[PDB]
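Acetylcholine receptor subunit alpha, liganded with etomidate.
So that the names make sense, note that chain A is the first sequence line, chain B the second, and so on, each numbered from 1. Hydrogens, waters and symmetry mates are skipped; everything else that's a heavy atom, side chains included, is used. Atoms within a ligand are numbered from 1 in the order they appear, just like the ligands themselves.
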Amino acid sequence: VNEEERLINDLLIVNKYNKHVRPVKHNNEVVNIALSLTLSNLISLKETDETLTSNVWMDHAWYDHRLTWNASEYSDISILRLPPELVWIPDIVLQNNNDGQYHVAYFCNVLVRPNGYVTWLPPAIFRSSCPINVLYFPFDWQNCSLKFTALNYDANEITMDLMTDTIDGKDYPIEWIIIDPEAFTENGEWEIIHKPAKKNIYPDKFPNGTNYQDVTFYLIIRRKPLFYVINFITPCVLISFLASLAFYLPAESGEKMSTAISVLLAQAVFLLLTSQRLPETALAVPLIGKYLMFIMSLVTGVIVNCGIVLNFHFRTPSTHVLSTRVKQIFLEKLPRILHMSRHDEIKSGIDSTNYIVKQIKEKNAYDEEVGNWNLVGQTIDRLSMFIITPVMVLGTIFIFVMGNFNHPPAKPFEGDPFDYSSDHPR
Amino acid sequence: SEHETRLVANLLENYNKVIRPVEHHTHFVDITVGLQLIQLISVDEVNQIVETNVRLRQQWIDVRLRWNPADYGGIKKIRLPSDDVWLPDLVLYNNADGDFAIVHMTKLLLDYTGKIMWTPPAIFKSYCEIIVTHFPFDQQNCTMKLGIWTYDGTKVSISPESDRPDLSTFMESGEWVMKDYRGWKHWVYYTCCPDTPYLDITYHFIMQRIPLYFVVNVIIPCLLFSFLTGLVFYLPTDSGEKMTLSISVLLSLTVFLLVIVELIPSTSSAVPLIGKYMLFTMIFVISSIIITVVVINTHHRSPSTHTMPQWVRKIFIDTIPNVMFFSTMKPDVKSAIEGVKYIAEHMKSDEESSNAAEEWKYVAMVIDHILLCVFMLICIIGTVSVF
Amino acid sequence: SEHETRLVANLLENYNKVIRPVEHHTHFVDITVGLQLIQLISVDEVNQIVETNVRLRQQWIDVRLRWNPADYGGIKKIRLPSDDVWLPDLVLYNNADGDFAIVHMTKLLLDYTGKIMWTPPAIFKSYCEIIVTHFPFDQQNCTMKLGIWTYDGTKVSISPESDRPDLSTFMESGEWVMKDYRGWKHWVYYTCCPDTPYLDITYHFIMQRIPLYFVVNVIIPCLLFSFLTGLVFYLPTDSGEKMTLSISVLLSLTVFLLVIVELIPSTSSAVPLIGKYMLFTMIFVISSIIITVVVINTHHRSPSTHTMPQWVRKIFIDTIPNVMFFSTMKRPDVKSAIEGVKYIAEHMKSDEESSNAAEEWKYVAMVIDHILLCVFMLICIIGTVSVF
Amino acid sequence: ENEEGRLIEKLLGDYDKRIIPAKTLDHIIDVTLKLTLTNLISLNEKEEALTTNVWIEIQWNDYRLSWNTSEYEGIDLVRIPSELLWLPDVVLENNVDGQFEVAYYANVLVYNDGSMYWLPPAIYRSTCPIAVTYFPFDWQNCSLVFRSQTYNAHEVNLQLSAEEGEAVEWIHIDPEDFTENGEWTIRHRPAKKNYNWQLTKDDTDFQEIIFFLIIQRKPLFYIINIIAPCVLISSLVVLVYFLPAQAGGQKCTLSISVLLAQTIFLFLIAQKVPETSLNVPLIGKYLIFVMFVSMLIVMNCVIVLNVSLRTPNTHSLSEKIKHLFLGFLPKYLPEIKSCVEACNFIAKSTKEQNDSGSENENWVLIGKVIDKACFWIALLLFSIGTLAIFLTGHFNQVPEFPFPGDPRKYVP
Amino acid sequence: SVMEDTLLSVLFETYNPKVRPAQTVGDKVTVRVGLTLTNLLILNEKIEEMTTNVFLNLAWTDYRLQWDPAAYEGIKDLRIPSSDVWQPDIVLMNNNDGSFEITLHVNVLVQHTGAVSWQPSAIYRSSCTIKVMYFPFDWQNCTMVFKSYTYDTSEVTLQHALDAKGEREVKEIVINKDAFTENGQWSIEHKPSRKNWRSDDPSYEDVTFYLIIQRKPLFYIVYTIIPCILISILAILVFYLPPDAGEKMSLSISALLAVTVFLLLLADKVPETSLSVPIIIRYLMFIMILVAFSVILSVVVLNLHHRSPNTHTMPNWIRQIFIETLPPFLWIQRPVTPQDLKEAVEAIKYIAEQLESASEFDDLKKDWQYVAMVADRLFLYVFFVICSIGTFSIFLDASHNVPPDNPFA
Ligand SMILES: CCOC(=O)c1cncn1[C@H](C)c1ccccc1
Ligand SMILES: C[N+](C)(C)CCO
């Protein structure tokens with residue numbers, strides 16, 4: 001017969017096991033729950049929802065003196081599997097979850113050794129709340145944490161801790177999320193930079209209650225920005241430069257305003273999409289958002305100035321006067337500064353000829369004035385180009401270089417010199 | 001049946017569903033696991049999740065549930081609720097959104113020799129890495145990892161029912177084609193538990209997308225709007241519609257690029273070839289708009305302020321035009337006398353200025369013809385290379 | 001309480017919750033059903049589902065649960081879990097998306113005479129036949145049909161508490177107004193079972209939509225573009241912008257039609273009045289584009305190839321312009337030199353002839369434009385008067 | 001006190017819920033199905049799922065729950081909660097979500113002879129592969145497949161309900177409890193028992209009961225709100241052949257505007273149909289065709305503009321081109337000396353300018369001729385396409401018989 | 001633990017968790033209700049629903065769970081699963097979905113005196129009426145109403161939770177700085193708690209927690225308001241363009257379409273309630289109507305500018321108003337103003353007459369164009385003034401909206 005049945009009946013039935021009582025000899029004693037986390041897949045991070053969905057294996061380990069047996073009395077049974085609804089397990093809960101899933105949904109068996117060491121390694125899909133810092137999107141790095149607390153007992157009754165490991169006879173705590181190099185699936189969008197784990201204590205509270213301790217697993221991740229750079233920033237930048245290029249069209253083309261307005265509307269569309277892709281927080285304006293606002297304002301200036309140029313180009317001596325001051329400003333000085341290129345029948349006949357000559361001379365003078373106004377308009381729009389396009393290019397370069405010079409700080413916990421890396425335990 | 005009722009009461013009277021079904025604790029339970037794909041509900045490319053409707057066929061022998069048919073009216077088989085007997089805990093490792101294990105506890109078929117057959121339904125929402133290089137002519141390869149969670153290989157062993165899963169009752173997708181499917185058994189060593197081996201079986205499905213929805217709704221409009229790129233150079237500058245047409249083409253192209261972007265995951269692993277084509281087309285279109293603005297500015301160059309330099313007259317007016325063949329290009333009376341002479345002189349000056357202006361217009365025309373020829377060369381070499 | 005503990009132990013010791021609470025199996029259980037509407041969560045017009053927050057008050061007598069207060073210290077009321085006693089399987093017949101019966105098994109009050117009162121909560125996602133013909137000024141009448149699923153009128157009888165459902169604690173919607181609400185008990189006689197009555201209670205609420213939101217967010221833009229419709233006829237053809245304005249108006253109206261359709265069910269039972277108005281406007285905008293293309297073609301007609309027919313001149317230059325009152329319309333070498341001057345004069349004469357012909361064509365085009373403008377204004381006036 | 005108490009206590013005492021009520025070893029339970037449809041809630045084309053509000057009626061015989069009426073004061077019928085009884089695990093096999101069982105586990109009516117009558121209500125979301133070839137004039141052929149989830153054909157024998165000795169081979173629709181959908185009309189509603197001959201009498205999937213719903217869409221809404229505007233807007237391209245070919249004519253503006261409108265309408269149609277790739281919707285083919293035609297019209301407008309604005313300076317009008325395009329194709333449709341010199345110069349210059357203008361006018365006329373010819377071609381193409389689509393759509397009729405092979409009507 | 005198991009077996013031998021603890025018939029049970037807010041997750045304005053992650057601090061007394069610590073080796077208190085003892089069915093009455101009860105069932109803490117403490121956790125969706133008058137410069141007043149679903153005032157008395165020291169009552173939501181996550185779109189201004197009664201229903205009583213929260217509107221400013229300001233600038237600009245440019249309709253129509261698109265997109269973020277019109281929507285409608293009138297007046301100006309004597313005759317009132325009176329006020333005054341020989345003389349005379357007629361015709365055309373220019377300038381000034389005043393007034397009114405210093409609750 002299977003000796004396992006006899007052993008389990010002896011442990012749980014004959015000895016009157018109570019799964020609602022802490023596993024300690026004495027009431028004042030404490031239970032140490034070792035904890036560790038294994039990340040098997042970083043499913044997603046919805047910035048709109050400010051949620052981090054992660055597929056993890058949450059390891060627990062404690063001692064139950066009531067589940068101890070002598071392996072010799074029974075057959076050499078060195079390990080045993082029991083369902084968690086038969087033994088006492090600690091209900092560690094994820095406090096910062098978005099949905100109502102406070103703890104694992106699949107309750108797998110627990111492994112019990114003859115010395116009482118109980119181990120429990122259930123899988124879980126956790127949806128935790130991660131505030132998003134959109135200051136440098138899409139060159140941003142996020143800092144999401146999973147905060148685990150024990151609410152069924154207070155710090156005087158069970159003590160959370162970090163799982164210890166041995167390499168050369170000395171126990172060193174595991175201050176990191178465990179990533180198996182082969183059972184891990186690298187995420188396409190995010191790459192893990194730091195993954196410390198820390199046991200926090202809050203001295204302003206008391207061990208009376210359940211807000212005195214927790215174990216928090218942090219996860220600092222950087223976004224791979226190639227997708228957004230290729231698909232969102234390059235088209236926007238090129239379309240933006242088209243606006244500055246709109247200064248070079250002659251006023252007789254009949255398409256200056258159309259070009260500038262098309263650029264502005266494209267910028268607005270890109271701004272709306274950027275809005276759609278981010279949370280509605282007010283902590284800061286995203287980098288791409290700042291660039292879009294700046295470029296839209298600049299293109300509005302371009303439109304207004306093209307309008308002024310057009311109004312100048314279509315003036316005639318019939319409505320305006322070309323004063324000497326404007327003439328010398330926009331036809332002598334600025335063009336050089338900006339390097340711009342450069343018998344009765346006989347009497348009737350004679351009177352008619354004189355009148356024709358006078359009319360033609362008047363028409364020529366009118367056309368001369370019209371040409372002068374044309375030149376004034378060209379000077380204005382050349383000055384506008386030289387004043388605006390450099391600002392456009394400098395602003396674009398500055399914005400998209402400042403964002404690219406934004407790296408995670410190479411060490412979590414600014415005031416801490418420890419690396420919290422798997423390769424160099426403390 | 002009185003006989004069946006008595007039998008079932010006898011079997012489970014002293015049965016402990018917590019213990020493994022083995023005569024001796026050192027033996028191991030052999031479980032033949034076989035997957036049956038009933039439907040492919042969806043493949044969410046953006047979220048990289050594949051939702052399938054399967055049945056997880058499992059078999060094993062429970063020596064505690066054997067009976068002699070002679071004592072029970074010759075009953076050879078019975079059906080028992082899955083919650084009354086020991087079951088193996090199979091877990092889908094790469095779960096993404098759904099449940100890790102089986103949640104529909106259906107009944108199982110128990111043979112008189114102890115053999116058990118259990119085929120519970122499931123909805124596996126498993127993680128799927130999406131390669132978008134050839135979207136929408138892409139093929140997807142993503143898997144389902146199944147294994148025993150709490151028992152190692154020396155306690156419960158799983159082996160596949162057959163080399164491939166069962167698609168006999170598979171419902172035709174209408175959006176994917178099952179190119180291939182295979183199941184492989186692995187022995188793995190996890191850092192948790194380095195002493196003993198953990199088994200698992202991985203089923204994978206090579207899925208080929210049927211490219212008709214996206215060809216009709218995405219690619220054909222993309223190509224149609226791309227093929228308008230060249231028309232800019234054939235439009236005369238006097239029409240006052242070059243910028244309108246070119247800007248419309250550019251904006252349509254970028255809108256289509258955005259639409260394509262909404263259909264693929266944000267991963268940076270690789271860039272779609274269709275998206276890369278669209279980006280190349282946009283870059284060429286923007287270069288075309290730059291050169292078009294240069295052409296327009298040249299066509300309206302007033303001779304008063306601009307004198308055509310020799311280096312452009314020699315090249316654009318004497319060299320290229322001959323090179324290209326396909327085109328078809330090339331008191332009172334005293335005052336009255338003074339006024340007539342003035343009129344004649346002014347007409348001569350106006351004729352000179354008009355000749356200069358027409359020379360500038362000719363330069364613009366040759367420039368845009370050169371660009372049209374370059375565009376045709378690119379189109380021809382591209383259409384030859386793609387074929 | 002010790003007394004209450006003893007009482008509850010005695011009540012349920014030999015009580016079967018599978019049996020109807022009747023002294024003799026020939027009687028029926030009188031159940032007093034009353035609906036209390038707490039909140040109107042939503043009205044999904046696209047899916048035709050109405051979500052409501054209700055409490056389903058029910059009362060009946062269970063003689064098996066009676067006791068004498070003097071024996072238990074004077075206790076006259078207790079609270080028992082509803083999972084411990086017989087309950088009526090009251091079901092919402094026209095459920096559409098939610099649960100058919102009550103799923104939140106709260107405790108129930110129980111008097112010493114057996115009188116029970118159970119007021120469980122529920123979210124009823126019932127089916128609403130949405131009639132979009134006066135949207136957004138529409139009135140919706142859709143109901144909630146309740147009845148005992150598995151018992152006929154001779155075993156379990158349901159009666160309403162009152163003629164109307166209880167809205168004392170109703171939470172004002174801010175999107176609909178409760179015009180009326182009633183509850184009616186029906187005796188049906190199905191075909192399966194033609195000898196016994198099948199009872200049923202149907203509550204209905206007449207909801208009147210508050211239209212400010214949809215007015216401001218949909219109708220005002222639609223009306224504004226509709227009023228821009230006829231503006232093209234006042235735009236001169238020399239501007240070279242008529243196609244821009246006409247096409248912009250057409251596309252704006254199309255966008256607003258597409259916005260409206262996504263706000264109503266796809267049913268073909270009736271066509272919304274607003275959508276009908278929008279389509280009428282679209283048809284007239286298409287007519288405007290065609291007729292303005294005709295006008296543009298007329299305006300640039302070359303005088304050389306085309307000669308104005310007499311009827312065109314009479315209609316569009318001699319008679320119609322007078323009709324309009326509010327408009328401001330109008331209604332050796334020396335020999336060569338001499339021959340050259342004569343040539344100049346002759347060419348000016350010919351050019352003047354051609355330009356006068358062209359200006360006549362342009363006048364005809366403007367008159368056509370103005371006729372169409374006045375016709376559209378007539379339609380505007382007649383529609384405003386008749387509809388409003 | 002209620003006599004049903006001791007009756008039910010005797011019945012359910014010593015009664016195993018887990019044992020199939022087979023009298024002997026070879027006995028087979030006849031499970032009887034009848035489907036009643038009360039509301040066809042929706043048909044989610046994108047999700048390819050049909051939602052229905054049905055009451056499924058299931059009947060079998062359990063010899064264990066039989067009494068002798070005379071012993072219990074003539075009680076011939078009791079109600080027992082279904083969780084206390086053996087049930088045939090009849091489930092909807094072709095559901096989209098994981099919901100196999102019924103929504104509400106009602107009570108089971110039990111008669112003294114053992115008859116079991118169970119009528120649970122359910123909201124079923126079932127798969128329905130949708131054919132888009134004729135949208136919005138399409139008709140769909142959706143089915144509800146019911147089979148036992150546990151027992152095979154050697155234990156349970158699924159059958160259709162027999163009423164008055166005549167089999168009920170249709171979905172029952174009660175005029176009292178039925179709300180006509182408004183978007184879909186039910187034309188046929190047959191039911192039949194189906195066998196999967198690839199499997200033996202074991203395997204639990206051998207036998208099925210399939211209820212079919214052949215529903216026809218009411219197309220008025222889509223005609224008014226999508227198709228009619230699309231066609232009316234698409235017909236506007238042909239107008240570009242009457243606008244003047246010069247600055248301010250706006251040929252390209254109108255052409256490109258109509259092209260973009262057609263693209264937007266294509267996207268809209270895409271939002272209304274499933275992403276399956278088995279067929280292209282008819283309206284989608286129409287939209288692609290008109291997009292191609294209007295792209296051709298854009299090219300033709302560009303060509304006409306290029307021809308019309310030509311000048312003698314750049315392009316020289318030959319005799320072949322002049323003869324062709326202006327011939328047959330239109331058919332088918334001291335001080336004194338100085339003064340004298342100045343006057344001569346003036347006359348010469350004026351004459352030259354006039355001749356140049358005349359040549360420009362000739363080019364303009366050639367352009368107009370090309371315009372007229374291409375207009376006729378384009379109108380022909382557009383009319384052919386629109387008429388073809390109209391004919392194909394209006395001639396799609398739902399089949400006369402539920403199953404084309406059979407001659408039976410499958411109606412009450 | 002042997003002794004704790006013995007104590008548990010003694011306590012629950014005859015304890016019925018379905019019976020309210022009342023030592024004597026008619027006694028009431030005092031229940032203290034507190035709330036701790038750990039994270040204000042969402043405030044969905046479309047569905048008028050607030051999602052919060054909270055602890056529900058409850059506490060009462062059960063005379064049945066009493067023992068002497070000396071008799072059990074000094075066990076002062078126990079942690080007992082909540083399903084084993086009686087608890088009041090305290091639920092969130094104004095929830096939006098059907099979830100009444102709590103989510104996480106933690107152990108209760110029973111002290112030897114009979115004092116039970118239970119601090120469950122839940123994710124609640126509470127329905128919150130939203131006032132949209134000043135969206136997005138608005139402050140909301142969202143409540144969470146807690147009471148016993150089952151027991152009324154004749155059975156349980158609700159009170160306020162005591163502070164950590166247990167000296168005074170706490171009349172407000174508790175926030176633990178070590179476990180609170182700032183929302184980032186809302187700032188909590190007030191958070192009082194208050195008991196409420198109904199005059200007509202003596203058997204009603206609940207404890208309500210209020211959350212006066214002010215939106216941080218930077219997002220809506222940046223992504224909706226500034227773009228519309230630029231569009232309005234373009235709409236004003238349209239009146240400075242010359243009618244000869246041929247781009248007046250392009251500019252005006254583009255502005256109109258852009259603002260309409262902004263309104264349509266913004267319609268997705270405001271509640272569909274009809275009690276008032278949000279300030280943002282009012283501003284957008286104002287700009288839309290202004291731009292539509294801009295289109296109409298631009299069409300009028302274009303019509304005026306393209307008139308000639310061959311088609312129109314200038315009426316006296318137009319000349320009086322636009323040529324003489326307005327321009328001085330608008331600072332737009334225009335600047336002040338032998339056979340063959342016989343045949344040749346005739347030709348020259350004809351040419352002269354032609355030129356004279358052309359000059360007169362051109363003068364009248366220029367008069368019409370000047371009327372158009374003057375009207376366009378008048379419209380420019382009027383529209384600039386109206387747009388500036390309207391925008392400034394609307395946003396000034398929006399800016400003077402802050403939650404009251406006194407929550408009134
Ligand atoms: C009852 C229908 O009235 C209208 O359509 C109506 C009334 N005032 C204005 N309109 C619209 C703009 C209209 C005017 C001219 C033609 C078509 C549509
Ligand atoms: C097999 N795993 C290592 C994943 C779990 C052991 O409990």
If I want every copy of etomidate, which ligands or chains do I look at? ligand 1
Which neighbouring chains have any non-hydrogen atom closer than 4.0 Å to etomidate?
C
Hey, quick one: what organism does the entry say chain C comes from? Tetronarce californica
Query raised in the report: Which of the atoms of etomidate are close to C:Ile379, meaning less than 4.0 Å from one of its heavy atoms?
Result: 15 (C), 16 (C)
- request: Provide the transmembrane segments of chain C per UniProt, counted from the N terminus, that have any non-hydrogen atom under 4.0 Å from etomidate.
  value: 1, 3, 4
Only heavy atoms of C:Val387, strictly under 4.0 Å: list the atoms of etomidate that pass. 1 (C)
### Query
Which residue owns the protein heavy atom closest to atom 4 (C) of etomidate, what's the atom, and how far is it?
C:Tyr277 CE1, 3.8 Å
- Query: Which of the atoms in etomidate, numbered in the order shown and given with their element, are less than 4.0 Å from a heavy-atom of C:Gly383?
  - Reply: 1 (C), 3 (O)
Other-chain residues near etomidate (heavy atom, 4.0 Å): C:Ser226, C:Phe227, C:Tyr277, C:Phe280, C:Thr281, C:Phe284, C:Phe376, C:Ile379, C:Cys380, C:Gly383, C:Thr384, C:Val387
